[PDB]
Amino acid sequence: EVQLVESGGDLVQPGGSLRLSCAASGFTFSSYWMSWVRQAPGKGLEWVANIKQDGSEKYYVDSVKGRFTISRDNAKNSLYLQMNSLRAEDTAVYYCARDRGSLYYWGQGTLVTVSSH
Amino acid sequence: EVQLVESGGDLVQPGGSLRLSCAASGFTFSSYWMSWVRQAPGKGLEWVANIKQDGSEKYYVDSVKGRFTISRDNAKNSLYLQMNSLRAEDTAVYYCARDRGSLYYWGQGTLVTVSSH
Amino acid sequence: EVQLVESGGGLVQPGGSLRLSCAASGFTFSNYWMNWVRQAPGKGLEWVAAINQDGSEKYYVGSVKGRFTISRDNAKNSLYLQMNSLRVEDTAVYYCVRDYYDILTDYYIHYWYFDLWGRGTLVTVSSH
Amino acid sequence: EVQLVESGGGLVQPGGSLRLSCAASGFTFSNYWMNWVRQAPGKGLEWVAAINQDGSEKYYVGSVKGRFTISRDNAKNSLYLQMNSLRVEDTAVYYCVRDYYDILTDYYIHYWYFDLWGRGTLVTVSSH
Amino acid sequence: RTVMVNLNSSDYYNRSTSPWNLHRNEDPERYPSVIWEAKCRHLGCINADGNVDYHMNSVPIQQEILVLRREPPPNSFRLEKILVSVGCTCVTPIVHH
Amino acid sequence: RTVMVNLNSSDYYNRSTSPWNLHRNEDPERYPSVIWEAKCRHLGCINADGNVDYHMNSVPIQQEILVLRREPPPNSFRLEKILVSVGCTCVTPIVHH
Amino acid sequence: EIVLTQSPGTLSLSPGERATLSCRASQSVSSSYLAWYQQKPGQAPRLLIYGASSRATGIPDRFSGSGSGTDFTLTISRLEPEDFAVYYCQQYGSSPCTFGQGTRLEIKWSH
Amino acid sequence: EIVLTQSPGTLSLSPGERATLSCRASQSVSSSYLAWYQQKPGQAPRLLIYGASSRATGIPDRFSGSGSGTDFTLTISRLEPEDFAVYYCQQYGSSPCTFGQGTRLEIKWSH
Amino acid sequence: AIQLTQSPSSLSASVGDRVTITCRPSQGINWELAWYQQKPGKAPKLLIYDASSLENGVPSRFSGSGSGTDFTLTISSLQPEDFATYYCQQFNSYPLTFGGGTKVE
Amino acid sequence: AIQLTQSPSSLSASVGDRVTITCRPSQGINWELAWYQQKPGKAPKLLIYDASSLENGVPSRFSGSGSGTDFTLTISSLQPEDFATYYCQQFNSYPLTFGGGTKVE
């Protein structure tokens, strides 16, 4: 079956970086677009980015441009999200989902907490 | 298989009447529209009339209005063409075909000769 | 209370015809696949025919091909068995049975086993 | 002139692997279904495997399930037989054959009989 | 809402164990105007020996398709969706997960 | 040419001797944007006993369908036609007329 | 067709004892799709067990099943005279569904 | 599977005589879908007949076939020594295609 | 009444030739054009519907193109059996009409 | 960026109730709207695509309607398992956006 497993979520200070992974199985990873959707604690869903099969096209939500970079390694059946200059507003559970428009297959999510202590 | 057998063709004088029959088999006659297409000796094809499954709609080529009457008897799996006030121009092989727009199933035709001697 | 009530059984000569009916009550009949199972006097149980919820699918044991016909009238809550060209070997107690089903992942899963049986109706095919 | 030329045969130990090739010439290979038929020494002819024009359909005798694989390379005009987990009973002369076909009403009618045979290639499975 | 639109076998029907025939369906007001629809040849399935078997059944594979349709009427069109019989499969009463 | 357009199981996949799975196919620029496509579960067919049989094969039933497609792009559309796998049937190498 | 053979043909035991009934198949039965029925004299059969081991509704826990492939058993504990009946096994994993010929269970007095 | 049984096992006749070979089937063969092959010693088989009675290309008219259902014959007239070969029948009306075990034909001198 | 004009009226070709017939309606239709093949003494046979779709059982050597007022029928590699008369017909509006025909010799 | 407005923000109902959620985009889309159901702590599940089409495995009690700037999600007979948060999402243009959500209690 289609499985999507996110990892990489950690507690990071504002201005820090974090790279999330999403490991896919049960389908030909290289044949599909992949997406990142996030959800801030107690808040709604927010689409972040997507990436073409060959990685030749990437699309971003305005608030993440410059900072975040979507990438994929079809050999390793993995989707990536490099998150630089992390702001407090970036605190969310990040989900990877397959395809573009309507998202049927989702992972269980990975938590990213941006807080200074 | 779908079979359409025309009969009724005869040698008739101008001003006379003739009723053509078309006996169908191999399909649920009552589910389909039926048509009459004619062809004058050595000339091209000319669409004459068609009739709805329940006979509630009939359509005619201008040159046959008033004179010709398309009818069907679904019980007897038969299509009819009552041809009154026959003109010389009505000389043709008359074919019955199933459906309206594009005609796939045709009969072998019945010859109608309108001549005075 | 759920019940299946067969009727139509009797004594026929070989070559004869017979029609069995079975009336269902206490459940939604149109939700079930139904079968006819027979039991020759003093012998075992043998499957005869199966029919799906709307009768778009009819299944038969080889010994009854061209002779028996399973049917249903979902409005009359009834199952039927038209038995033509009856033979001495068709002598049995005929039971109508309803098939168990589950709804899993919101898909209808039919199971070819019988969670409800009628009382049965005797069919005797004999010339003397 | 039409010809089928097999190669790949030999002496293997039980459990061994072997690959037979068969090269076609003189006809349009991609128009034909092809089969492998075998003949155990001094014994009869037995069907092994069938493959359609583009290899979208592969058929097998039960005795070779999970062991043999029929394949084709329409550009190389070749038919293949990957034989794994070979047994003493697989000892035979392996023939590649082309299936007859007709074009009637402009439909391709395949017929499961063989209008052309290769010379054959011997496969001996023996430990001593 | 209204949208502007521009415009553009291996003979399984005979080799299948649940064989089928095609029946023509014509509407001069529909696009496609002709649709050939499958009808199963038998109630049961053909076994490996070529005989009809009533331990299984031929059932048609239906599909929901888009068609254009003249409204009411040849200039304006309506996008409609219809059920179409594409071929037949062989089933038994048993569910094999 | 351009035409204006207005806008509008018995689980055989498991009970079939040539069973199948559905694979999702999404395009946010196509109408329908989602099409579930059949893929045969086996090379052979399931016999009456539930075992895989290589005297027969599962083959998919393909169908040509109409789809709308954004050009190039969400206001103007193009009518296109694509090949879609609807289900599977069980065939043998034999033609039974 | 899957041919189901039951054993013993007739079984005679005393009240309180445990009855073991066998159902053997000519080929492996798919997914443990094996049912048991009880048919008391003059009555229609009643489903006892489904899926080799699951009890049908209203069936007491002294009736139990186990098995897979080609061999299945039905156990009836604390035998009571009312248990006098023919017990049939039936598979529903291969088409057509088939039944065993039955085991005749009878209750006797112990010497 | 359709099992094809050939007769006689070995047939010995003189030049000029007529050989009759039988192919019998365990179940009726569909649409007369029965072929015959000739396999001379040290050679691959050659198709002789298809559809029970039609001759394959290059096959002389002294080779003829007939039959339907469960019984088929191959006739070889004006027997020549070159006819020494094993003759196989093969059906292609039921899956899988099957072959008879063959008839060994041999030519002898007449006393 | 939509008048359908065919061109050429007649033509001569050999086996293997690429033949092209042209139908031109009086007023622009959409795709509502059918093509027929008539052998002498026989009823017509439908080749194409919807201006470009091949009918059930028609060889792939037959192809159709066109839109509005220009429509064509093509026979890629003319066969000995293709020597007949070809007619176009419109199903846009009543009365349905046919072109005068094209003889292939 | 197309903003999607949901109404009501939250709601209370019992088993068997006919519930209706409304999505309203800032600018008229065609059919490019999807609907999701999110149980707390779990990833969303797709219910509807193309504004009105049910996804594979979704119960028939869920239905969707709408065009342009007005879209609705309906649950004919609310079930004990339907108590979740529902989100609409548009796939008309980048960036893809979701509505604020609707809690069902």
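Numbers restart at 1 for each chain; the letters A, B, ... are given by sequence-line order, proteins then strands. Below, each value reflects all heavy atoms present in this structure, side chains not excepted, and no hydrogens, waters or symmetry copies.
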Let me know which of crenezumab, matuzumab, belimumab, secukinumab you see at chains D and H, thanks! secukinumab
Hey, quick one: which chain has the most contacts with secukinumab (chains D and H) in this structure? I'd like the name as UniProt has it. Interleukin-17A
At a 4.5 Å heavy-atom threshold, what other chains are in contact with secukinumab (chains D and H)? E, F, I
Where does the epitope of secukinumab (chains D and H) fall on chain F, using heavy atoms closer than 4.5 Å? F/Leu43, F/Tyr54, F/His55, F/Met56, F/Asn57, F/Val59, F/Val91, F/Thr92, F/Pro93, F/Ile94, F/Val95, F/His96, F/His97
So, which residues of secukinumab (chains D and H) reach chain F? I'd go with heavy-atom distances under 4.5 Å. D/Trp33, D/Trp47, D/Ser56, D/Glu57, D/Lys58, D/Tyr59, D/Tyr60, D/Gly62, D/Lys65, D/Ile109, D/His110, D/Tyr111, D/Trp112, H/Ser30, H/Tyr33, H/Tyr92, H/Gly93, H/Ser94, H/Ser95, H/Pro96
Identify the name used for chain I in this deposit. Light-chain of anti-IL-17A antibody XAB5 (crystallization aid)
What are the atom names and distances for all donor-acceptor pairs below 3.5 Å between chain F and chain D (secukinumab)?
residue, atom, partner, partner atom, Å
F/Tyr54, O, D/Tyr60, N, 2.9
F/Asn57, OD1, D/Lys58, N, 3.0
F/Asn57, ND2, D/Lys58, O, 2.8
F/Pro93, O, D/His110, ND1, 2.7

What label does the PDB record give chain D? Secukinumab Fv heavy-chain
